Amino acid sequence: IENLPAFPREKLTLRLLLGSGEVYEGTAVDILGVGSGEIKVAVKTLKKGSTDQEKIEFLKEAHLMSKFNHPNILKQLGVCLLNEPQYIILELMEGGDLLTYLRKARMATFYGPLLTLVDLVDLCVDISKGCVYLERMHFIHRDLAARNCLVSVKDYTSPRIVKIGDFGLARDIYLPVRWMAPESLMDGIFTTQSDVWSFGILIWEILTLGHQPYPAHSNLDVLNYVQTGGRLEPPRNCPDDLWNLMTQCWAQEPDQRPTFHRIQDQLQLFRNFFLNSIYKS
Ligand SMILES: C[C@@H](Oc1cc(-c2cnn(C3CCNCC3)c2)cnc1N)c1c(Cl)ccc(F)c1Cl
(Lines of atoms letter the chains of each structure in order from A and count residues from 1; the text may use other names and numbers.)
(Lines give C-alpha, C1' and ligand atoms only; values in the text may rest on other atoms or scores of the structure.)
Protein backbone atom coordinates (compact mmCIF):
# COMPACT_ATOMS: atom_id res chain seq x y z
CA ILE A 1 0.00 0.00 0.00
CA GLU A 2 1.56 3.22 -1.29
CA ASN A 3 2.24 5.77 1.46
CA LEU A 4 3.27 9.36 0.79
CA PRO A 5 5.68 10.73 3.44
CA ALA A 6 3.22 12.74 5.51
CA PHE A 7 5.04 15.57 7.20
CA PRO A 8 3.67 17.63 10.11
CA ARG A 9 2.74 21.02 8.69
CA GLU A 10 3.54 22.93 11.88
CA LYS A 11 7.02 21.39 11.73
CA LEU A 12 7.48 22.92 8.28
CA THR A 13 8.36 26.61 8.06
CA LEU A 14 8.15 28.54 4.79
CA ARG A 15 10.32 31.59 4.17
CA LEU A 16 11.57 32.80 0.79
CA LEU A 17 9.54 32.71 -2.43
CA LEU A 18 11.58 31.37 -5.36
CA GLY A 19 9.24 31.48 -8.35
CA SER A 20 6.21 30.11 -10.19
CA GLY A 21 2.83 26.28 -8.90
CA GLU A 22 4.78 28.27 -6.30
CA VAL A 23 8.17 27.39 -4.84
CA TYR A 24 9.49 28.40 -1.44
CA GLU A 25 12.72 27.96 0.42
CA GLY A 26 12.13 26.88 4.00
CA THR A 27 13.14 24.66 6.89
CA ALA A 28 11.64 21.43 8.16
CA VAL A 29 12.23 20.27 11.71
CA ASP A 30 13.59 16.73 11.65
CA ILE A 31 12.85 15.19 8.26
CA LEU A 32 16.26 13.52 8.02
CA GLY A 33 16.01 11.94 11.46
CA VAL A 34 15.32 12.78 15.09
CA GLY A 35 18.39 14.90 15.71
CA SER A 36 17.93 16.10 12.13
CA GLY A 37 17.22 19.60 13.39
CA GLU A 38 15.65 22.19 11.12
CA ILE A 39 17.00 21.18 7.71
CA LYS A 40 16.53 23.48 4.73
CA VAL A 41 14.08 22.37 2.02
CA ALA A 42 12.20 23.53 -1.06
CA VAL A 43 8.39 23.55 -1.09
CA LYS A 44 6.13 23.04 -4.08
CA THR A 45 2.58 24.28 -3.46
CA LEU A 46 -0.67 23.49 -5.24
CA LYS A 47 -3.00 26.46 -5.64
CA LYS A 48 -5.78 27.39 -3.32
CA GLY A 49 -8.17 27.74 -6.22
CA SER A 50 -6.65 25.74 -9.05
CA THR A 51 -8.01 23.35 -11.66
CA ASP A 52 -8.84 19.89 -10.34
CA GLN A 53 -6.74 18.36 -13.11
CA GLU A 54 -3.92 20.43 -11.64
CA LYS A 55 -4.50 18.69 -8.30
CA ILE A 56 -4.52 15.36 -10.12
CA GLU A 57 -1.22 16.11 -11.83
CA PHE A 58 -0.01 17.37 -8.46
CA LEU A 59 -0.81 14.08 -6.72
CA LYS A 60 0.35 11.91 -9.60
CA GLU A 61 3.76 13.61 -9.49
CA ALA A 62 3.92 13.24 -5.70
CA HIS A 63 3.20 9.53 -6.07
CA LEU A 64 5.63 9.07 -8.95
CA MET A 65 8.64 10.41 -7.07
CA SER A 66 7.76 8.46 -3.93
CA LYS A 67 8.99 5.54 -5.98
CA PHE A 68 12.54 6.75 -6.57
CA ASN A 69 15.72 6.33 -4.60
CA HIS A 70 18.84 7.43 -6.45
CA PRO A 71 21.66 9.99 -5.90
CA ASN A 72 20.82 11.71 -9.17
CA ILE A 73 17.07 11.81 -8.66
CA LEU A 74 15.61 14.66 -6.60
CA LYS A 75 14.36 13.50 -3.16
CA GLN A 76 10.75 14.17 -2.23
CA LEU A 77 11.11 14.36 1.55
CA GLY A 78 7.56 15.05 2.74
CA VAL A 79 4.04 16.12 1.77
CA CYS A 80 1.33 18.25 3.40
CA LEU A 81 -1.84 17.03 1.77
CA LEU A 82 -4.58 17.12 4.40
CA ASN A 83 -4.84 20.92 4.17
CA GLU A 84 -4.68 23.37 1.26
CA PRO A 85 -2.39 24.52 -0.05
CA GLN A 86 -0.93 21.06 -0.42
CA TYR A 87 2.82 21.11 0.05
CA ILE A 88 5.34 18.87 -1.68
CA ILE A 89 8.55 19.00 0.35
CA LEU A 90 11.72 18.57 -1.72
CA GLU A 91 15.36 18.53 -0.70
CA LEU A 92 16.76 21.97 -1.43
CA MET A 93 19.08 22.37 -4.42
CA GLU A 94 20.77 25.70 -3.83
CA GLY A 95 22.15 26.08 -7.35
CA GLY A 96 18.68 26.34 -8.86
CA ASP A 97 17.90 24.67 -12.17
CA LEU A 98 20.71 23.36 -14.35
CA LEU A 99 20.02 25.78 -17.21
CA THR A 100 20.37 28.90 -15.05
CA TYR A 101 23.43 27.45 -13.33
CA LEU A 102 25.09 26.89 -16.71
CA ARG A 103 24.27 30.34 -18.09
CA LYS A 104 25.57 32.14 -15.02
CA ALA A 105 28.76 30.13 -15.39
CA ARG A 106 29.13 31.31 -18.99
CA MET A 107 28.36 34.96 -18.33
CA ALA A 108 30.27 35.79 -15.12
CA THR A 109 33.65 36.81 -16.64
CA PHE A 110 35.01 36.85 -20.16
CA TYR A 111 38.22 35.71 -18.49
CA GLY A 112 36.11 32.63 -19.15
CA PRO A 113 33.48 30.09 -17.95
CA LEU A 114 33.16 29.25 -14.28
CA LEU A 115 32.72 25.60 -15.32
CA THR A 116 35.50 23.67 -17.07
CA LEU A 117 35.20 20.75 -19.49
CA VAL A 118 35.74 18.36 -16.58
CA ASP A 119 33.03 20.00 -14.49
CA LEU A 120 30.74 19.71 -17.51
CA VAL A 121 31.56 16.04 -18.11
CA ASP A 122 30.80 15.20 -14.47
CA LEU A 123 27.39 16.87 -14.91
CA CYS A 124 26.80 14.63 -17.92
CA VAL A 125 27.87 11.53 -16.03
CA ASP A 126 25.52 12.39 -13.13
CA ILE A 127 22.43 12.86 -15.28
CA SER A 128 23.30 9.72 -17.23
CA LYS A 129 23.44 7.67 -14.00
CA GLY A 130 19.94 8.97 -13.28
CA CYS A 131 18.54 7.98 -16.68
CA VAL A 132 19.98 4.49 -16.25
CA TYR A 133 18.05 4.39 -12.97
CA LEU A 134 14.79 5.65 -14.44
CA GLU A 135 15.08 3.01 -17.20
CA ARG A 136 15.83 0.23 -14.71
CA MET A 137 12.57 1.33 -13.04
CA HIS A 138 10.68 1.18 -16.34
CA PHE A 139 9.97 4.88 -16.42
CA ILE A 140 10.25 7.22 -19.38
CA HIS A 141 10.83 10.88 -18.51
CA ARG A 142 9.65 12.50 -21.75
CA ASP A 143 11.05 15.94 -20.90
CA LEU A 144 14.79 15.63 -20.27
CA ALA A 145 16.23 19.16 -20.42
CA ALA A 146 18.59 21.26 -18.27
CA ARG A 147 15.67 23.42 -17.08
CA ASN A 148 14.37 20.21 -15.47
CA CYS A 149 17.54 19.33 -13.54
CA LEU A 150 18.79 20.90 -10.32
CA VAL A 151 22.26 21.66 -8.98
CA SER A 152 23.11 21.20 -5.34
CA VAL A 153 25.29 24.29 -4.74
CA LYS A 154 25.04 27.90 -5.91
CA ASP A 155 28.79 28.46 -6.16
CA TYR A 156 31.21 27.19 -8.77
CA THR A 157 33.97 26.02 -6.43
CA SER A 158 32.33 23.53 -4.04
CA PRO A 159 31.68 19.88 -4.92
CA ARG A 160 28.40 19.79 -6.84
CA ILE A 161 25.76 17.26 -7.84
CA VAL A 162 23.00 17.48 -10.45
CA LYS A 163 19.75 15.59 -10.22
CA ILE A 164 16.80 15.13 -12.51
CA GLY A 165 14.20 17.17 -10.76
CA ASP A 166 10.86 17.68 -12.46
CA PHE A 167 8.86 14.62 -13.47
CA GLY A 168 5.65 16.33 -14.55
CA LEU A 169 5.47 14.36 -17.79
CA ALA A 170 7.08 11.06 -16.84
CA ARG A 171 5.12 7.86 -17.42
CA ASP A 172 5.55 4.21 -16.43
CA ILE A 173 6.23 1.98 -19.44
CA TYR A 174 6.44 -1.42 -17.73
CA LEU A 175 7.13 23.68 -26.70
CA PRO A 176 9.34 21.79 -26.10
CA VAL A 177 9.94 20.96 -29.74
CA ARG A 178 13.69 21.59 -29.64
CA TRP A 179 14.16 18.61 -27.30
CA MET A 180 11.74 16.17 -28.91
CA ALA A 181 12.70 13.29 -31.18
CA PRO A 182 11.19 13.41 -34.70
CA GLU A 183 8.89 10.44 -33.98
CA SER A 184 7.49 12.16 -30.91
CA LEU A 185 6.78 15.25 -33.00
CA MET A 186 5.07 13.54 -35.94
CA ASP A 187 3.37 10.62 -34.23
CA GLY A 188 3.16 11.58 -30.57
CA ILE A 189 5.17 8.46 -29.74
CA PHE A 190 7.49 8.49 -26.73
CA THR A 191 9.93 5.80 -25.60
CA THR A 192 13.15 5.24 -23.70
CA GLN A 193 14.79 5.68 -27.11
CA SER A 194 13.23 9.12 -27.46
CA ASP A 195 14.56 9.84 -23.97
CA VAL A 196 18.02 9.19 -25.45
CA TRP A 197 17.36 11.80 -28.12
CA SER A 198 16.49 14.42 -25.51
CA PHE A 199 19.44 13.45 -23.35
CA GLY A 200 21.69 14.15 -26.34
CA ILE A 201 20.09 17.56 -26.58
CA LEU A 202 20.67 17.82 -22.84
CA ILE A 203 24.39 17.25 -22.84
CA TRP A 204 24.58 19.65 -25.79
CA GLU A 205 23.00 22.23 -23.45
CA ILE A 206 25.60 21.36 -20.82
CA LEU A 207 28.53 21.57 -23.24
CA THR A 208 27.37 24.92 -24.64
CA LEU A 209 26.70 26.27 -21.14
CA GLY A 210 22.96 26.59 -21.68
CA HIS A 211 22.61 27.79 -25.25
CA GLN A 212 19.29 27.56 -27.09
CA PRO A 213 19.14 24.53 -29.41
CA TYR A 214 18.72 25.47 -33.09
CA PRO A 215 19.24 29.21 -32.54
CA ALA A 216 18.87 29.67 -36.29
CA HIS A 217 15.34 28.25 -36.28
CA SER A 218 11.93 29.45 -35.10
CA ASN A 219 9.72 26.92 -33.34
CA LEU A 220 7.75 26.32 -36.54
CA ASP A 221 10.91 25.89 -38.57
CA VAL A 222 12.54 23.40 -36.19
CA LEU A 223 10.65 20.29 -37.37
CA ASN A 224 11.39 21.35 -40.93
CA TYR A 225 15.09 21.45 -40.10
CA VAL A 226 15.22 18.14 -38.28
CA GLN A 227 13.15 16.76 -41.17
CA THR A 228 16.00 17.81 -43.49
CA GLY A 229 18.01 15.41 -41.38
CA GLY A 230 19.57 18.56 -40.02
CA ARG A 231 20.96 18.59 -36.48
CA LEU A 232 22.59 20.89 -33.94
CA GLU A 233 26.02 22.37 -34.62
CA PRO A 234 28.83 21.01 -32.44
CA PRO A 235 29.48 23.05 -29.30
CA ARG A 236 32.61 25.17 -29.77
CA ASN A 237 35.76 23.08 -29.22
CA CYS A 238 33.71 20.03 -28.29
CA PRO A 239 35.89 16.91 -27.85
CA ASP A 240 35.38 14.53 -30.74
CA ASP A 241 34.40 11.57 -28.53
CA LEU A 242 31.61 13.64 -27.03
CA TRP A 243 30.37 14.87 -30.40
CA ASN A 244 30.25 11.30 -31.65
CA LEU A 245 28.16 10.35 -28.61
CA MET A 246 25.60 13.12 -29.14
CA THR A 247 25.35 12.55 -32.88
CA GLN A 248 24.64 8.89 -32.10
CA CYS A 249 21.90 9.92 -29.65
CA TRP A 250 20.17 11.77 -32.49
CA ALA A 251 20.14 8.90 -35.01
CA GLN A 252 16.99 9.50 -37.07
CA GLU A 253 16.14 5.86 -36.41
CA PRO A 254 15.35 4.98 -32.75
CA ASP A 255 17.04 1.57 -32.69
CA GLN A 256 20.40 2.99 -33.81
CA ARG A 257 20.44 5.23 -30.74
CA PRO A 258 22.77 3.97 -27.96
CA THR A 259 21.44 2.73 -24.62
CA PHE A 260 21.80 4.58 -21.31
CA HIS A 261 24.25 1.98 -20.02
CA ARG A 262 26.26 2.55 -23.19
CA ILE A 263 25.85 6.29 -22.77
CA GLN A 264 27.19 6.16 -19.22
CA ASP A 265 29.97 3.84 -20.36
CA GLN A 266 30.99 6.30 -23.05
CA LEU A 267 31.01 9.19 -20.61
CA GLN A 268 33.19 7.52 -17.98
CA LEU A 269 35.55 6.09 -20.61
CA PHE A 270 36.00 9.55 -22.09
CA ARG A 271 36.46 11.08 -18.63
CA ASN A 272 39.08 8.43 -17.82
CA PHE A 273 40.79 9.06 -21.12
CA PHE A 274 40.83 12.81 -20.69
CA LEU A 275 42.07 12.67 -17.11
CA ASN A 276 44.93 10.35 -18.01
CA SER A 277 45.87 12.58 -20.95
CA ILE A 278 46.46 15.60 -18.75
CA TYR A 279 48.48 13.84 -16.06
CA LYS A 280 50.94 12.32 -18.50
CA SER A 281 51.81 15.61 -20.21
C1 LIG B 1 10.10 22.33 -7.91
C2 LIG B 1 11.38 23.19 -7.97
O3 LIG B 1 12.22 22.78 -6.81
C4 LIG B 1 13.43 23.38 -6.44
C5 LIG B 1 13.82 24.69 -6.87
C6 LIG B 1 15.05 25.29 -6.46
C7 LIG B 1 15.40 26.67 -6.96
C8 LIG B 1 16.40 27.62 -6.48
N9 LIG B 1 16.34 28.68 -7.22
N10 LIG B 1 15.41 28.53 -8.11
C11 LIG B 1 15.04 29.53 -9.13
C12 LIG B 1 15.22 30.97 -8.62
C13 LIG B 1 14.81 31.96 -9.74
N14 LIG B 1 15.57 31.73 -11.00
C15 LIG B 1 15.48 30.33 -11.50
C16 LIG B 1 15.87 29.29 -10.42
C17 LIG B 1 14.78 27.31 -8.01
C18 LIG B 1 15.88 24.51 -5.58
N19 LIG B 1 15.54 23.26 -5.14
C20 LIG B 1 14.35 22.71 -5.56
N21 LIG B 1 14.04 21.42 -5.08
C22 LIG B 1 12.08 23.04 -9.38
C23 LIG B 1 12.35 24.22 -10.19
CL24 LIG B 1 11.93 25.83 -9.70
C25 LIG B 1 12.98 24.09 -11.47
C26 LIG B 1 13.36 22.83 -11.97
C27 LIG B 1 13.11 21.65 -11.21
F28 LIG B 1 13.48 20.47 -11.72
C29 LIG B 1 12.48 21.74 -9.92
CL30 LIG B 1 12.24 20.23 -9.08
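Quick note: numbers on chain A are straight from the PDB entry, i.e. 1934-1953, 1957-2110, 2123-2229, in order. Note that ligands are numbered from 1 as they come in the structure, with each ligand's atoms numbered from 1 the same way. Hydrogens, waters and symmetry mates are skipped; everything else that's a heavy atom, side chains included, is used.
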Hey, which of trandolaprilat, crizotinib, spiperone is sitting at ligand 1? crizotinib
What's the chief chain around crizotinib in this model, going by the PDB entry? proto-oncogene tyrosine-protein kinase ROS
Which residues form the binding site of crizotinib (heavy atoms under 4.0 Å)? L1951, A1978, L2010, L2026, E2027, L2028, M2029, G2032, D2033, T2036, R2083, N2084, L2086, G2101, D2102
Ligand-side contact atoms (crizotinib) for residue partner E2027, heavy atom cut-off under 4.0 Å: 21 (N)
Nearest neighbour in protein (non-hydrogen) for atom 5 (C) of crizotinib: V1959 CG1, 4.1 Å
What do you reckon, does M2029 have a nitrogen or oxygen under 3.5 Å from a nitrogen or oxygen of crizotinib? yes
Which UniProt active-site residue of chain A is nearest to crizotinib, and how far (heavy atoms, to 1 Å)? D2079, 9 Å
Measure from atom 30 (Cl) of crizotinib to the protein's non-hydrogen atoms and state whether any distance is below 4.0 Å. yes
Got a sec? Which UniProt domain of chain A does most of the touching around crizotinib? Protein kinase
